[PDB]
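Below is one structure; the comments refer to it alone.
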Amino acid sequence: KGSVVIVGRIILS
Amino acid sequence: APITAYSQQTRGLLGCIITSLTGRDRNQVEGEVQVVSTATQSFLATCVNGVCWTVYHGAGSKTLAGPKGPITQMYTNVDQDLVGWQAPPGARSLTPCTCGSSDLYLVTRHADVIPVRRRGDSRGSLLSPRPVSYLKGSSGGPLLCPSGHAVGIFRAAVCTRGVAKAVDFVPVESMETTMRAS
Ligand SMILES: COc1ccc2c(O[C@H]3C[C@H]4C(=O)N(C)CCCC/C=C\[C@@H]5C[C@@]5(C(=O)NS(=O)(=O)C5(C)CC5)NC(=O)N4C3)cc(-c3nc(C(C)C)cs3)nc2c1F
Ligand SMILES: [Zn+2]
């Protein structure tokens, strides 16, 4: 049916 | 913690739905962990060795909206609640821990780094117990060693009356085992 979508991110360091 | 994290929301609700139906996401991708969503629910996905891994109970069968249309699951291991897609270009991948530490750090949906004490292959107890709501929505989030390397992805919790006392995760070794099944 639908796809998974990237609505954000978590940056590391 | 020796590790820090911060979050950035890149899409809203309407654009999200839209992209879900087209399967085409041209937005630039950054970072090691992605905040991910279907219509109904939301959770994290972690990149390790070029693959984005998340939980099967959040994404089941589904493809991942990518810059050239939808991306098929490369890996689907229902037994371990694990799926994986090839990392969209831009996604910075983490690498597996080789040091064997027991001093872990779970990175959550709100960018909390929380200490976890390694107990088994797929298990670790929280040093400070949190509420469950503090953790809900972080499945597919990473467990990191002190040097910021990946040891597993967050799968589930063990808890009582709404307070989380320990975490279950897919060990990074099972991800390479799944990748060892052509
Ligand atoms: C190899 O051994 C395992 C181990 C656990 C498994 C398993 O666990 C569940 C148990 C349940 C649970 O622990 N409680 C309800 C109690 C405490 C809540 C702890 C807080 C956060 C938890 C990490 C977390 C989570 O954030 N989920 S989420 O992001 O909100 C989500 C629903 C959008 C995906 N996950 C989580 O809470 N849970 C995961 C589920 C599934 C599958 N589920 C399905 C479908 C049909 C639902 C197919 S297979 N397989 C599992 C499995 F194979
Ligand atoms: Zn390490």
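Chains get letters A, B, ... in whatever order the sequence lines come in. Sequence positions for chain A are given in the PDB entry numbering; the residues included correspond to 220-232, in order. Following the PDB entry, chain B shows residues 1-182, kept in their order. Atoms considered below: every heavy atom in the structure, side chains included; atoms not considered: hydrogens, waters and symmetry mates. Indexing begins at 1, ligand by ligand and atom by atom, following the structure's order. Per the header of the entry, the method used was X-ray crystallography, 2.8 Å.
In this structure, the drug modeled at ligand 1 is IDX320. What binds IDX320 most in this entry is, by the naming of the PDB entry, Non-structural 3 protease. Within the structure, the other chains placing a heavy atom under 4.0 Å from IDX320 are, by letter, B. With non-hydrogen distances under 4.0 Å, the site around IDX320 consists of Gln41(B), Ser42(B), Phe43(B), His57(B), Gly58(B), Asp79(B), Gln80(B), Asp81(B), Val132(B), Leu135(B), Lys136(B), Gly137(B), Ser138(B), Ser139(B), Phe154(B), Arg155(B), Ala156(B), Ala157(B), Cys159(B).
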